[PDB]
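Since the structure comes first, as structure tokens, the remarks are kept for the end.
Chains: A, B, ... assigned top-down by sequence line. Numbering, chain A: per the PDB entry, residues 3-298 in sequence. Note that chain B carries the PDB entry numbering, so the residues on display, from first to last, are 4-296. Side chains included, hydrogens not; waters and symmetry mates left out as well; all remaining heavy atoms used. For ligands, and for the atoms within them, numbers begin at 1 and follow the listed sequence.
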Amino acid sequence: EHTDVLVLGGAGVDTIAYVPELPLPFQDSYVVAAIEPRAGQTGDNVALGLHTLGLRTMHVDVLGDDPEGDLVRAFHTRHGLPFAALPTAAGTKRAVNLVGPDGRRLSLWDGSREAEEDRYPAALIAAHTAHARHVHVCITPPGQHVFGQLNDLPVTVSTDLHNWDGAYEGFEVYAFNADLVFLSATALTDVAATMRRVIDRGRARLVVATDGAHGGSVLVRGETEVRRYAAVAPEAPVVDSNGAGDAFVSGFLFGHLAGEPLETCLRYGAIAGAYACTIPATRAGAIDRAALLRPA
Amino acid sequence: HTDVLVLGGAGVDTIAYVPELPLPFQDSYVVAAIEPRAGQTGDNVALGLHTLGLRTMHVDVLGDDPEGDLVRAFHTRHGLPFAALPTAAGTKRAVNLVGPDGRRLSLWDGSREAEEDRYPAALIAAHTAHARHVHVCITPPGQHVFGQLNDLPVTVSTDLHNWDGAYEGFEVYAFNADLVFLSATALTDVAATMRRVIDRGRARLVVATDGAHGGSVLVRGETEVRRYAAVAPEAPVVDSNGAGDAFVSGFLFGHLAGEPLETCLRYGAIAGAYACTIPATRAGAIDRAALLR
Ligand SMILES: C[C@H]1O[C@H](O[C@H]2[C@H](O)[C@@H](O)[C@@H](O[C@H]3[C@H](O)[C@@H](O)[C@@H](O)O[C@@H]3CO)O[C@@H]2CO)[C@H](O)[C@@H](O)[C@@H]1N[C@H]1C=C(CO)[C@@H](O)[C@H](O)[C@H]1O
Ligand SMILES: C[C@H]1O[C@H](O[C@H]2[C@H](O)[C@@H](O)[C@@H](O[C@H]3[C@H](O)[C@@H](O)[C@@H](O)O[C@@H]3CO)O[C@@H]2CO)[C@H](O)[C@@H](O)[C@@H]1N[C@H]1C=C(CO)[C@@H](O)[C@H](O)[C@H]1O
Ligand SMILES: Nc1ncnc2c1ncn2[C@@H]1O[C@H](COP(=O)(O)OP(=O)(O)NP(=O)(O)O)[C@@H](O)[C@H]1O
Ligand SMILES: Nc1ncnc2c1ncn2[C@@H]1O[C@H](COP(=O)(O)OP(=O)(O)NP(=O)(O)O)[C@@H](O)[C@H]1O
Ligand SMILES: [Mn+2]
Ligand SMILES: [Mn+2]
Ligand code: NA
Ligand code: NA
């Protein structure tokens, strides 16, 4: 009856423009397809994905009194996602993304959408974790202040560092206080080294470094060699690779909370990620339980 | 009341400031504030003419959009008389990448058109009764309005923007306007395109802007194209979006005031230079005082 998985942060709005190619050669203007601001940033996708897979999720994030804020509220209402909007003077998180015909995405992340005085109230975290098994913390503020509290709780914690430097100190509090750490490998100087470093802090059981259509790589606590997983071919054209890594997290966690072995969890993630690559910005979509369990 | 009737061009730009154009491929950049704003070609011309002290009226189709909200708020805030016609296609919109030098890569939404849309003749006739001039933006249903305008006692201007000089859809605008403005960025043969507007159309003069290099003008009855020089902005160049529209505003302010061609060209250059100094975080147009000295 209560929250099974608490999702912290990551609520926002992407404005997608489909472009002929990336990098886009300079002109005064291109005529593009329909431009339509939608909710569905990393916190929105992890929530939707987990909920579509049948888990009782709660989603909490700071939210502006914005037209962007309206979109996020409507997103959760539309997909039946339990949601708590916290006030903030900074405004709702935004990005402008350029999507190529191959599904590749160039995100322009608004970095002004932070108020240092924002906090996820301790009582709210406590209320939604009273019977919960897992908390996913998005790397958006004020997520950096929540791990003193979560570390004392009988729940597992996961995070997604996305295109982490491997060096940028800001993501460390996330990377070093999470049992399951996810991240992309596109901005890593040394993938293997970053993965080993996250493990050498003595908290994470595994690290996953995703590599798009190549699948990705994983490192398990106490193991020396990194493992790979294969990407799954989508049953539809790759249109928009936005939310794939979030879909991967959702799929993986579904298997994690169901006691599945690592390889199955990785399989779930890959299938969910491939599905997400086939969804336009014109609709919101997350893979369903039945389809996730369909391949062998 | 009204001096100038502005038709079309009501829309919303979403600006993202980027380190360089063209933008090399990365998964993500961290950029400054992204804040959708009203102020496409029609909104800017209206505000420019209004700021300079002319009596304006702006008419365009508008969607029951969040974008529509921004547009309506814009006209109210700046006190621009405005009449929104309903449309099912939605409010026009673009995503613009703006570099540190003010250069802009616009991403125009070409889906915001409904073929059944029309400017109602009775609304057109009503606002052309006392108007001396009508400016028609090249957005639909603009292409259906020149039959009525042709029989009215008003001068007509238009702005063709980054026209091919070949795309047939703009020809109805280019060939039925007293004053034809356009950008020269996409022109293979600037001079030929200008003369073609003179010969096939009824333009009394044609202006092909060229950004910081000024632009080109061709006058009916003359053989050679003239040049005008750009004026340096008096504040840092931030966002060149709206420069061309400001040029039209400054030019018309003098044109409707019977000022010589050289004076009108100069006003536009100043107005356009000023336009490049306004952020996407503010709406701004040059006033009478700053323009006249
Ligand atoms: C979710 C988001 O995470 C990442 O964004 C982080 C930045 O990369 C960090 O640099 C940091 O931003 C700070 C600035 O660096 C700093 O100058 C200051 O302005 O404060 C900023 C915020 O504290 O932290 C950011 C997160 O808070 C990543 O780069 C970004 O791409 C990620 N968003 C993507 C996710 C999805 C779907 O998964 C899309 O909806 C978005 O469009 C993507 O941009
Ligand atoms: C005002 C706008 O004019 C120009 O846009 C025109 C396109 O260039 C044409 O191709 C045509 O678009 C049609 C498509 O070609 C067609 O495939 C179909 O999708 O229908 C479309 C609409 O009929 O007509 C367009 C005008 O509606 C120009 O390219 C564009 O850049 C101009 N907009 C700029 C104006 C300003 C200055 O303030 C900025 O606000 C905008 O961001 C600029 O993009
Ligand atoms: N083009 C593709 N074809 C097939 N599978 C894909 C493709 N792109 C991604 N995937 C799968 O989805 C996973 C996530 O992709 P990836 O691009 O690495 O995530 P991401 O960049 O973090 N997406 P996001 O949630 O928007 O930050 C990969 O590990 C693959 O399993
Ligand atoms: N950087 C600049 N410095 C000085 N004057 C400028 C600058 N950029 C533009 N101008 C002036 O503004 C005029 C119009 O600029 P231009 O870029 O040609 O119009 P535009 O691109 O169509 N703007 P827009 O309304 O967004 O379509 C030029 O002829 C100059 O007089
Ligand atoms: Mn990611
Ligand atoms: Mn223009
Ligand atoms: Na997608
Ligand atoms: Na500007």
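- The chain that ligand 2 touches most here appears in the PDB entry under the name Acarbose 7(IV)-phosphotransferase.
- Drug at ligand 2: acarbose.
- Taking 4.0 Å as the heavy-atom limit, the other chains contacting acarbose (ligand 2) are A, B.
- In terms of N/O distances under 3.5 Å, acarbose (ligand 2) is not approached by B/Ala97.
- When distances from atom 43 (C) of acarbose (ligand 2) to the protein are checked, a heavy atom turns up under 4.0 Å.
- Heavy atoms of B/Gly14 stay at 4.0 angstrom or farther from acarbose (ligand 2).
- Among all protein heavy atoms, the one lying closest to atom 40 (O) of acarbose (ligand 2) is B/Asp16 OD2, 2.6 Å.
- With a 4.0 Å heavy-atom cut-off, acarbose (ligand 2) is reached by the side chain of B/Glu116 but not by its N, CA, C or O.
- Within the 4.0 Å heavy-atom criterion, neither part of A/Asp30 lies near acarbose (ligand 2).
- Listed in the PDB entry as the source organism of chain B is Actinoplanes sp. (strain ATCC 31044 / CBS 674.73 / SE50/110).
- Acarbose (ligand 2) is approached by B/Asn99 to a heavy-atom distance shorter than 4.0 Å.
- The protein non-hydrogen atom at the shortest distance from atom 28 (C) of acarbose (ligand 2) is B/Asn165 OD1, 3.2 Å.
- Looking at atom 7 (C) of acarbose (ligand 2), its nearest protein heavy atom turns out to be A/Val33 CG2, 3.8 Å.
- Atom 17 (O) of acarbose (ligand 2) lies below 4.0 Å from none of the non-hydrogen atoms of the protein.
- Contact annotation for B/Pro143 and acarbose (ligand 2): only side-chain heavy atoms (C-beta onward) come within less than 4.0 Å of the ligand.
- The single protein non-hydrogen atom nearest to atom 31 (O) of acarbose (ligand 2) is A/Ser31 OG, 3.2 Å, given as residue, atom name and distance.
- Distances from acarbose (ligand 2) to the non-hydrogen atoms of B/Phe173 include at least one value under 4.0 Å.
- In this structure, atom 11 (C) of acarbose (ligand 2) lies nearest to the protein heavy atom B/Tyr170 OH, 3.9 Å.
- Looking at B/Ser109, B/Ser243, B/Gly113 and measuring to atom 19 (O) of acarbose (ligand 2), the nearest heavy atom belongs to B/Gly113.
- Near acarbose (ligand 2), within 4.0 Å on a heavy-atom basis, the structure shows A/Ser31, A/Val33, B/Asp16, B/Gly42, B/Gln43, B/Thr44, B/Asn47, B/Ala97, B/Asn99, B/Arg107, B/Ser109, B/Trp111, B/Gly113, B/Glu116, B/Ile141, B/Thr142, B/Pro143, B/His164, B/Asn165, B/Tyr170, B/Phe173, B/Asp248.
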